[PDB]
Enquirer: 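Notebook entry - examining structure containing imipenem (hydrolyzed form).
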Amino acid sequence: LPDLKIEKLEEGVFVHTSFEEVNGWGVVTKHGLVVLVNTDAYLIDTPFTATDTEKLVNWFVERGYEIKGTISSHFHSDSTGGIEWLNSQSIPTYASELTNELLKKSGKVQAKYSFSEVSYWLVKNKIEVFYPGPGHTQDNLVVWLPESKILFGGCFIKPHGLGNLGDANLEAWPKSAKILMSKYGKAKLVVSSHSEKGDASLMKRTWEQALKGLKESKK
Ligand SMILES: C[C@@H](O)[C@@H](C(=O)O)[C@H]1CC(SCCNC=N)=C(C(=O)O)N1
Ligand SMILES: [Zn+2]
Ligand SMILES: [Zn+2]
């Protein structure tokens with residue numbers, strides 16, 4: 001499978017794309033972000049593997065950046081697979097307390113730092129972490145970049161098919177989608193884990209898909 005790809009979105013915002021075969025889903029394409037604050041870099045989700053996480057870190061280190069911190073949007077491996085490697089390099093990893101306990105219960109390595117707040121400033125006025133409510137998972141988070149007006153929706157944004165429902169809360173997802181739409185209507189760009197980037201309407205598409213999946217789940 002190809003190496004991690006890095007693509008600039010605009011000044012200070014990069015998309016990282018990694019590929020992994022996962023048991024019954026075939027090769028998964030996963031998008032995360034790298035956000036620059038001056039000469040500091042922040043990883044928004046880890047790629048699937050230690051190897052891709054190392055390639056990503058080394059790419060920004062070679063371009064003169066310090067990796068100040070990572071945030072995992074939820075406990076699944078497409079958001080957290082790099083945490084063990086980052087910890088071994090003493091790069092600060094962050095997850096919600098709920099995410100870290102879901103990781104523990106799954107026998108996975110935890111982020112070194114956790115937080116319980118619904119709205120958490122990873123970097124004050126630069127990187128906000130928000131819990132809209134359950135959807136894709138009980139713990140899923142989004143990341144908001146107030147300066148660029150970019151929203152990273154992770155595996156919660158699902159405009160054309162909900163994907164893995166194993167850990168999903170179909171009852172809550174529509175309500176959580178409305179909360180997200182209410183908070184981030186002013187997003188100029190929505191980046192998701194597995195879909196094409198788009199405008200704020202991807203939040204409304206997610207609301208519609210969640211309702212459609214909830215109606216389906218009731219034979
Ligand atoms: C591999 C694991 O992280 C998994 C998950 O988080 O549930 C991946 C694989 C999947 S299915 C791949 C994409 N299919 C439809 N969007 C999803 C997802 O549904 O968000 N994420
Ligand atoms: Zn997931
Ligand atoms: Zn996913």
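If you read the sequence from its start, that first residue is 1, and numbering goes on from there. Determined via X-ray crystallography, 1.9 Å. All heavy atoms count here, side chains included; hydrogens, waters and symmetry mates do not. We count ligands from 1, going down the list as the structure has it; atoms in each ligand are counted the same way.
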Enquirer: Where, by number or letter, can imipenem (hydrolyzed form) be found in the structure?
Expert: ligand 1
Enquirer: So I'm looking at this entry - what's holding onto imipenem (hydrolyzed form) the most? Name it the way it appears in UniProt, please.
Expert: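 Chief contact partner: Metallo-beta-lactamase type 2.
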Enquirer: Extract every residue of other chains having a heavy atom under 4.0 Å from imipenem (hydrolyzed form).
Expert: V22, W25, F48, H74, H76, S77, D78, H136, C155, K158, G161, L162, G163, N164, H194
Enquirer: Considering the heavy atoms of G163, write down every atom of imipenem (hydrolyzed form) situated less than 4.0 Å from one of them.
Expert: 15 (C), 19 (O)
Enquirer: Under 4.0 Å from a heavy atom of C155: which atoms of imipenem (hydrolyzed form) are those, numbered in the order shown and with their elements?
Expert: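 Counting from 1, the qualifying ligand atoms are 20 (O).
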Enquirer: Return the closest protein heavy atom for atom 7 (O) of imipenem (hydrolyzed form) as residue, atom name and distance.
Expert: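 Checking every protein heavy atom, the shortest distance to atom 7 (O) of imipenem (hydrolyzed form) gives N164 ND2, 3.0 Å.
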Enquirer: Among protein heavy atoms, which sits nearest to atom 8 (C) of imipenem (hydrolyzed form), and what does the distance come to when rounded to 0.1 Å?
Expert: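 Going by distance alone, atom 8 (C) of imipenem (hydrolyzed form) is nearest to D78 OD2, 3.2 Å.
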Enquirer: Considering heavy atoms of the protein only, find what lies nearest to atom 5 (C) of imipenem (hydrolyzed form) and give residue, atom and distance to 0.1 Å.
Expert: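 Of the protein heavy atoms, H76 ND1, 3.2 Å lies nearest.
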Enquirer: For chain A, which organism does the PDB list?
Expert: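 Going by the entry: Pseudomonas aeruginosa.
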Enquirer: For imipenem (hydrolyzed form), which atoms have a heavy atom of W25 less than 4.0 angstrom away?
Expert: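 That gives atoms 11 (S) of imipenem (hydrolyzed form).
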Enquirer: Can you tell me the protein heavy atom closest to atom 9 (C) of imipenem (hydrolyzed form) and the distance?
Expert: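 I find the closest protein heavy atom is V28 CG2, 4.0 Å.
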Enquirer: Which UniProt-listed beta-lactam-binding residues of chain A does imipenem (hydrolyzed form) come within less than 4.0 Å of, going by heavy atoms?
Expert: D78, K158, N164
Enquirer: Closer than 4.0 Å to some heavy atom of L162 - which atoms of imipenem (hydrolyzed form) meet that?
Expert: 19 (O)
Enquirer: Okay, next: other ligands or ions under 4.0 Å from imipenem (hydrolyzed form)?
Expert: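 I count ligand 2 (zinc ion), ligand 3 (zinc ion).
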Enquirer: For atom 18 (C) of imipenem (hydrolyzed form), grab the closest protein heavy atom and report residue, atom and distance to one decimal in Å.
Expert: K158 NZ, 3.1 Å
Enquirer: Return the UniProt-listed Zn(2+)-binding residues of chain A that have heavy atoms within 4.0 Å of imipenem (hydrolyzed form).
Expert: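 From UniProt's list, the heavy-atom cut-off leaves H74, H76, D78, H136, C155, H194.
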Enquirer: Give me the nearest non-hydrogen protein atom to atom 17 (C) of imipenem (hydrolyzed form) as residue plus atom name, then the distance to 0.1 Å.
Expert: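 Here the nearest protein heavy atom works out to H194 NE2, 3.4 Å.
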Enquirer: Checking the N or O distance criterion of under 3.5 Å, is imipenem (hydrolyzed form) in contact with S79?
Expert: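 No.
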